[PDB]
Enquirer: 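The structure's right below; bear with me while I get my questions together.
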Amino acid sequence: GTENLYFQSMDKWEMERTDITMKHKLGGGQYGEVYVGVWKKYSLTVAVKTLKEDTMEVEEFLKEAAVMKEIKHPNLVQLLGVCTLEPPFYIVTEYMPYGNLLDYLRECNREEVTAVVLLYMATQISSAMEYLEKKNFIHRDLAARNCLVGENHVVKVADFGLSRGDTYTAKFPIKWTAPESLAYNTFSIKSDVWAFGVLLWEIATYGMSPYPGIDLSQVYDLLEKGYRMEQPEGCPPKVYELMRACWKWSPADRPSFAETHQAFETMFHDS
Ligand SMILES: Cc1ccc(NC(=O)c2ccc(CN3CCN(C)CC3)cc2)cc1Nc1nccc(-c2cccnc2)n1
Ligand SMILES: Cc1ccc(NC(=O)c2ccc(CN3CCN(C)CC3)cc2)cc1Nc1nccc(-c2cccnc2)n1
């Protein structure tokens, strides 16, 4: 009746493309076809992922829009709307003023990003992932470069979908990838836990490139023999213990994200 009369068509994520004044590409290519825009009615800066008229990735783009409508969490980047009627298609999210977590860690002032802030940042990411685990989703590409930073040290998990340097190779980011995913192409919430461990090492080292002093072609063999990255300088033993638990060889022995989020909470009680 009235609903159908007033909403004849589309869902209440759908927006008119002309609601957004597109400004300039974000990140010089590093996020793909992602632009900063202004959602005019709200004078609100937004990030807009687009897909032009001629590509092979329509289905994946539409599935991404579909997936994002089903998830909502304070530490997952917020969908604001979509344009899916005709190309070029849009997915519009909030804009995160401090950009991606890897670059933030590398470029930040460490008087401000003290130990407590690193813990807060790690805890928030583990909360996003607990929610994904609980809702039966897998991330598949968890890493500092896929997280975003907002005002007040708010961190959110994102997925820029950018398989296509030597981060991704024939396309997997080997250094973040669980053994079972490298050897068998098996991905699960447990392989996300592995990646979270590497992410935590990134946090602990303020954005160092993982496996320093190690050739990429040798990584799987080393992990299999039992090598794991060393405890970073200044890394609390409890944080390293959790890292090492995320890197257990067998996926079943790795903690859940619920357990991981519980561990970070316990570290705020203890110290
Ligand atoms: C989760 C994490 C991971 C790594 C680190 N690392 C550091 O805190 C750290 C310490 C020293 C250095 C070395 N640095 C080299 C250069 N000179 C100038 C300064 C020292 C680097 C990182 C902190 C944390 N944070 C953390 N972990 C557990 C507990 C807490 C915590 C903090 C405050 C209150 N309650 C709990 N905070
Ligand atoms: C504009 C946009 C469009 C889509 C997305 N999508 C996601 O971030 C995302 C997150 C989680 C999922 C969940 N999904 C579950 C299934 N597995 C297989 C994949 C993950 C999907 C998409 C983000 C953005 N946001 C985005 N993208 C790139 C850069 C920025 C950005 C950059 C700098 C400052 N502020 C924002 N912002």
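Heads up, chain A uses the PDB entry numbers, so what you see runs 269-432, 436-441, 446-546. Each ligand, and each atom within it, is numbered from 1 in the order the structure gives.
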Enquirer: Can you tell me what they call the drug at ligand 2?
Expert: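 PDB records call it imatinib.
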Enquirer: At the binding site of imatinib (ligand 2), which chain contributes the most contacts (name from UniProt)?
Expert: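 The largest share of contacts goes to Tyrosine-protein kinase ABL2.
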Enquirer: Which nucleotides or residues of neighbouring chains are within 4.0 Å of imatinib (ligand 2) (non-hydrogen atoms)?
Expert: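 Sure - by heavy atoms, that gives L294, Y299, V302, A315, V316, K317, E332, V335, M336, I339, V345, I359, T361, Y363, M364, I406, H407, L416, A426, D427, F428.
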Enquirer: For atom 35 (N) of imatinib (ligand 2), what is the closest protein heavy atom, and at what distance to 0.1 Å?
Expert: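 Residue, atom and distance for the closest contact: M364 N, 2.9 Å.
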Enquirer: Can you name the atoms of imatinib (ligand 2), numbered from 1 with element, that are less than 4.0 Å from a heavy atom of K317?
Expert: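 Numbered from 1, imatinib (ligand 2) contributes 1 (C), 3 (C).
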Enquirer: So for imatinib (ligand 2), is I406 a polar contact partner (N or O within less than 3.5 Å, distance only)?
Expert: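 Min N/O separation from imatinib (ligand 2) is below 3.5 Å for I406.
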Enquirer: To check your reading of the model: name the closest protein heavy atom to atom 37 (N) of imatinib (ligand 2), its residue, and the distance in Å.
Expert: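 Looking only at protein heavy atoms, the one closest to atom 37 (N) of imatinib (ligand 2) is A315 CB, 3.6 Å.
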Enquirer: Tell me which protein heavy atom sits closest to atom 21 (C) of imatinib (ligand 2), plus the residue, atom name and distance to 0.1 Å.
Expert: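 Of the protein heavy atoms, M336 CG, 4.0 Å lies nearest.
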Enquirer: Would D427 count as a polar contact of imatinib (ligand 2), with the cut-off being nitrogen or oxygen pairs under 3.5 Å?
Expert: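 The answer is yes, given that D427 and imatinib (ligand 2) share an N or O pair closer than 3.5 Å.
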Enquirer: Using a strict 4.0 Å cut-off to heavy atoms of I339, name the atoms of imatinib (ligand 2) that fall inside it.
Expert: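 Listed by number with element, the hits are 13 (C).
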Enquirer: When you compare imatinib (ligand 2) with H407, is there at least one nitrogen or oxygen pair between them that comes in under 3.5 angstrom?
Expert: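 Yes, there is a polar N/O contact under 3.5 Å.
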Enquirer: Measure heavy-atom distances from imatinib (ligand 2) to each UniProt active-site residue of chain A and report the closest residue with its distance to 1 Å.
Expert: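 The closest one among UniProt active-site residues, measured by heavy atoms, is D409, 7 Å.
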Enquirer: Can an N or O of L294 be found at a distance shorter than 3.5 Å from an N or O of imatinib (ligand 2)?
Expert: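 No; the residue has no nitrogen or oxygen that sits under 3.5 Å from a nitrogen or oxygen of the ligand.
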Enquirer: Considering non-hydrogen atoms of the protein only, which is the closest contact for atom 23 (C) of imatinib (ligand 2), and what is the distance?
Expert: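 Ranked first by proximity to atom 23 (C) of imatinib (ligand 2) is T361 CG2, 3.8 Å.
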Enquirer: So, going by heavy atoms and a 4.0 Å cut-off, which residues UniProt tags as ATP-binding in chain A does imatinib (ligand 2) reach?
Expert: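 The overlap, by heavy atom and UniProt annotation, is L294, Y299, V302, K317, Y363, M364.
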Enquirer: Look up the UniProt domain of chain A with the most contacting residues for imatinib (ligand 2).
Expert: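 Most sit in the UniProt domain Protein kinase.
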Enquirer: Judging by distance only, is a nitrogen or oxygen of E332 under 3.5 angstrom from one on imatinib (ligand 2)?
Expert: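 Checking imatinib (ligand 2) against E332, an N or O pair does fall under 3.5 Å apart.
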Enquirer: Looking at imatinib (ligand 2), are any other ligands or ions under 4.0 Å away?
Expert: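 Within the cut-off sits nothing.
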Enquirer: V345 heavy atoms, cut-off 4.0 Å: which imatinib (ligand 2) atoms fall inside?
Expert: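 With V345 as reference, the close atoms of imatinib (ligand 2) come out as 7 (C), 8 (O).
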